[PDB]
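What follows is a short report on a single structure.
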Amino acid sequence: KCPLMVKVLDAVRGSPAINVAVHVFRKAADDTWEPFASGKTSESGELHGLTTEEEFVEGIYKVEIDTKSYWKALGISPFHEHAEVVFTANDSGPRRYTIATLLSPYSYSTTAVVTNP
Amino acid sequence: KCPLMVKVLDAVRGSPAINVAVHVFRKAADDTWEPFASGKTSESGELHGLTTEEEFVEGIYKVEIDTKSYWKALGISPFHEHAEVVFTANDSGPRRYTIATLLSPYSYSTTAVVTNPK
Ligand SMILES: N[C@@H](Cc1cc(I)c(Oc2cc(I)c(O)c(I)c2)c(I)c1)C(=O)O
Ligand SMILES: N[C@@H](Cc1cc(I)c(Oc2cc(I)c(O)c(I)c2)c(I)c1)C(=O)O
């Protein structure tokens, strides 16, 4: 059981975006962002096992993807410092969240797939 | 003569996203986000006149678009709290920046168009 999954693709090369740093944060009571989990995407551009059902309670989360580092390593000058995804996790809706982001030097697209499957 | 322009479109209705709130921040000397400019998109889904060439110095800027309020006003409970765009501006001299964002309830796409003053 994996409640939160992250997927990153490269629109320049038509490949998974590998070894991309991802930091997850949870909004705290003082309105500040508290480190929650982190990792680097795998050979398939994915990051799993960030959290468990027990720890993933309702609240506001921020997913930060270090896109600038990724492009620099390819020798490409990017526009964005990073890509950020801020959302509320609600117990009402589906239980699994997939955050998928597509990267270009000057653009990114992000989508969420929320399922019970 | 307008160094920072914001354009927002609606992918569900195929139209400009009107009355969208936009807040711009600049990273301060102490690593905090200081208020820089704000406005609402017009009928054309555009926001102009946020700043001048003079005030828009080199720095790290954050454009925050209030997408949650936009969707809620339409009857939709969207996924994201807001759309945020963070970038370094003018570090090799003055440029003109257009930040364009396309909205759907569970997805958004953002692109930048950067040009060298005419
Ligand atoms: N191995 C993982 C990888 C994976 C997940 C998704 I979700 C996906 O689908 C999209 C579609 C679009 I359009 C995007 O911009 C993006 I990013 C992802 C793709 I490709 C691959 C898995 O299959 O388990
Ligand atoms: N008057 C301003 C307004 C304007 C800018 C852009 I840039 C643009 O083009 C796109 C293309 C895609 I694809 C998008 O998802 C989005 I949002 C905008 C359009 I139409 C209009 C100008 O022309 O200066």
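Each chain is given a letter, A onward, matching its sequence line's place in the list. Heads up, chain A uses the PDB entry numbers, so what you see runs 9-125. Sequence positions for chain B are given in the PDB entry numbering; the residues included correspond to 9-126, in order. First listed ligand is number 1; within each ligand, the first listed atom is number 1.
Looking at ligand 2, one finds the drug L-thyroxine. Taking the chain with most contacts, the partner of L-thyroxine (ligand 2) here is, per the PDB entry, transthyretin. Chains touching L-thyroxine (ligand 2) with a heavy atom below 4.0 Å, listed by letter, come to B. The nearest heavy-atom contact from the protein to atom 5 (C) of L-thyroxine (ligand 2) is B/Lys15 CD, 3.2 Å. Intersecting the UniProt L-thyroxine-binding annotation for chain B with heavy-atom proximity to L-thyroxine (ligand 2) (under 4.0 Å) gives B/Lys15, B/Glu54. Of the polar atoms of B/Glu54, at least one N or O is found under 3.5 Å from an N or O of L-thyroxine (ligand 2), judged by distance alone. Taking atom 17 (I) of L-thyroxine (ligand 2) as the reference point, the nearest protein heavy-atom neighbour is B/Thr109 O, 3.3 Å. Within 4.0 Å of atom 1 (N) of L-thyroxine (ligand 2), at least one protein heavy atom is present.
Neither the backbone nor the side chain of B/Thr119 has a heavy atom within less than 4.0 Å of L-thyroxine (ligand 2). What sits closest to atom 7 (I) of L-thyroxine (ligand 2) on the protein, heavy atoms only, is B/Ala108 CB, 4.0 Å. Within 4.0 Å of atom 12 (C) of L-thyroxine (ligand 2), not a single protein heavy atom is present. Counting protein heavy atoms only, atom 15 (O) of L-thyroxine (ligand 2) is closest to B/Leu110 CB, 3.6 Å.
In this comparison of B/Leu111, B/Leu17, B/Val14, the heavy atom closest to atom 14 (C) of L-thyroxine (ligand 2) sits on B/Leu17. Near L-thyroxine (ligand 2), within 4.0 Å on a heavy-atom basis, the structure shows B/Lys15, B/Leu17, B/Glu54, B/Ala108, B/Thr109, B/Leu110.
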